[PDB]
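Snapshot of phencyclidine at immunoglobulin.
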Amino acid sequence: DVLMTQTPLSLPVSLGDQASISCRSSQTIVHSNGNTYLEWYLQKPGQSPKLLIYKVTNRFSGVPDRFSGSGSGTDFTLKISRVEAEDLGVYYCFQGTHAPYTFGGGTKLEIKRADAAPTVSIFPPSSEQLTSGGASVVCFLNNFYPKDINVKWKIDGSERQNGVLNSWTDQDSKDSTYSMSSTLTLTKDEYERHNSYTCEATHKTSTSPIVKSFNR
Amino acid sequence: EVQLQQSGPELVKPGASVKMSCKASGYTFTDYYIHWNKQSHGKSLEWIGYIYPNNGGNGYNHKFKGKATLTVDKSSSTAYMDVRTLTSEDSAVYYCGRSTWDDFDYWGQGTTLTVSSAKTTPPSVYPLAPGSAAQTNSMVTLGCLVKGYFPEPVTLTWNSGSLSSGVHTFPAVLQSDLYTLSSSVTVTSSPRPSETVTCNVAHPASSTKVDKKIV
Ligand SMILES: c1ccc(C2(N3CCCCC3)CCCCC2)cc1
């Protein structure tokens with residue numbers, strides 16, 4: 001089995017910039033037919049890997065010219081000239097020379113840009129959830145950047161953590177931001193027993209929170 | 001166009017077997033090899049093996065040999081993978097791909113295989129209105145909370161599909177083996193509450209559709 005190593009695991013870049021994803025083989029993948037079967041796949045999130053480069057150098061039909069691959073028997077490089085937004089996804093190198101056919105680990109192309117403070121939204125438990133017996137306080141921190149951005153849930157001033165499940169949407173390809181969802185789930189029982197709910201947002205854009213709250 | 005219709009997410013208890021297929025339309029199903037690849041948790045990629053639809057020539061990765069069985073239906077243009085002895089490690093996304101002697105071509109959409117000893121439990125869709133967040137007078141953010149549904153697949157949609165912009169559907173997290181999703185559509189003040197915003201949720205494994213709204 002031939003090992004494929006893809007460096008870097010994660011490559012952050014800004015727009016119009018250049019990117020270089022390396023992939024190396026544990027051993028030559030130059031086939032005896034005199035050909036090297038190394039492929040480059042770009043998998044966008046919520047999608048399947050699509051083909052960009054076949055046989056090191058060649059580009060697939062309809063793939064933009066900005067992507068160019070090259071390499072020498074053991075070291076390959078996928079190259080991108082002026083990263084665009086739609087270039088987000090995981091990049092994969094593949095070897096169909098020695099069997100079994102191996103895939104390189106993959107590489108993350110998130111896109112660097114201007115910091116954006118999240119549009120924060122808080123939602124109390126909807127009516128049916130109470131009638132039914134549970135309570136879920138939701139908070140949507142949309143369109144932000146960079147990714148590291150903390151959210152602390154505070155009940156009547158006191159910080160709270162257990163019962164909270166956060167979810168991150170992938171970096172939008174049209175604007176290059178993220179959206180998160182924090183849901184403070186707590187039994188109606190422990191909910192009616194309180195007044196204010198604070199969804200606080202710490203982040204690295206402007207070093208100062210954005211606090212949303214409601215009181216029942 | 002090489003339209004590979006690989007399809008159907010489905011869950012199966014351990015020990016059981018499953019048979020997934022790929023429909024090849026647009027071309028001569030007999031001229032290209034069909035390959036099988038395993039995308040393990042949207043991350044790792046592994047090769048299973050191939051099948052060539054004119055003679056039945058096939059081959060496998062020694063690691064998938066004990067559980068994989070590849071076959072073709074030449075008359076209906078379909079290739080099938082039979083996964084058996086299903087332990088948790090089998091739950092993953094399986095792609096079907098077309099390959100010329102030299103290279104891969106068109107991959108299929110993808111198949112999700114949840115290997116689970118658990119039951120199918122529909123989603124509880126609770127609608128979300130503000131009254132406490134970034135005011136409703138310029139551009140407001142509404143939400144839909146889909147919680148406590150199994151298995152993993154549910155698609156959240158908005159306004160019969162008549163609101164595709166401004167929607168942020170976050171992935172799902174699993175609480176005690178249930179999945180909780182939440183999406184949000186940031187709409188103009190003019191729309192909600194003046195107009196109807198209807199949240200359309202669907203969950204195959206339970207035949208569950210529920211179209212909601214709020215106050
Ligand atoms: C059957 C047909 C083609 C192959 C591939 N390869 C073609 C060149 C020679 C070595 C094997 C590698 C896997 C993807 C398709 C290309 C494998 C098996």
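A note on names: the letters A, B, ... follow the listed sequences, proteins ahead of strands, and every chain is numbered from 1. No hydrogens, no waters, no symmetry mates; every other heavy atom, side chains included, goes into these values. Order of appearance sets the numbers: ligands from 1, and atoms from 1 within every ligand.
At a heavy-atom cut-off of 4.0 Å, the other chains in contact with phencyclidine are listed as A, B. The binding-site residues for phencyclidine (non-hydrogen atoms, 4.0 Å) are A:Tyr37, A:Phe94, A:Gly96, A:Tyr101, B:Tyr33, B:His35, B:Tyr50, B:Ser99, B:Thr100, B:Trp101, B:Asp102, B:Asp103, B:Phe104. Per the entry, the name for chain A comes out as immunoglobulin. The protein heavy-atom contact nearest to atom 13 (C) of phencyclidine is A:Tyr101 CD1, 3.6 Å. Atoms of phencyclidine found under 4.0 Å from any heavy atom of A:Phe94 (numbered from 1 in listed order, with element): 13 (C), 14 (C).
Taking atom 16 (C) of phencyclidine as the reference point, the nearest protein heavy-atom neighbour is B:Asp102 O, 3.4 Å. If you check which protein heavy atom lies closest to atom 3 (C) of phencyclidine, you get B:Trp101 O, 3.0 Å. Atom 18 (C) of phencyclidine has B:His35 NE2, 3.6 Å as its closest protein atom, hydrogens excluded (heavy atom only). Nearest protein heavy-atom neighbour of atom 6 (N) of phencyclidine: A:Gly96 O, 3.0 Å.
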Extract all N/O-N/O pairs under 3.5 Å that connect phencyclidine to the protein, and present each with both atom names and the distance rounded to 0.1 Å.
from	atom 1	to	atom 2	distance (Å)
phencyclidine	6 (N)	A:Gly96	O	3.0

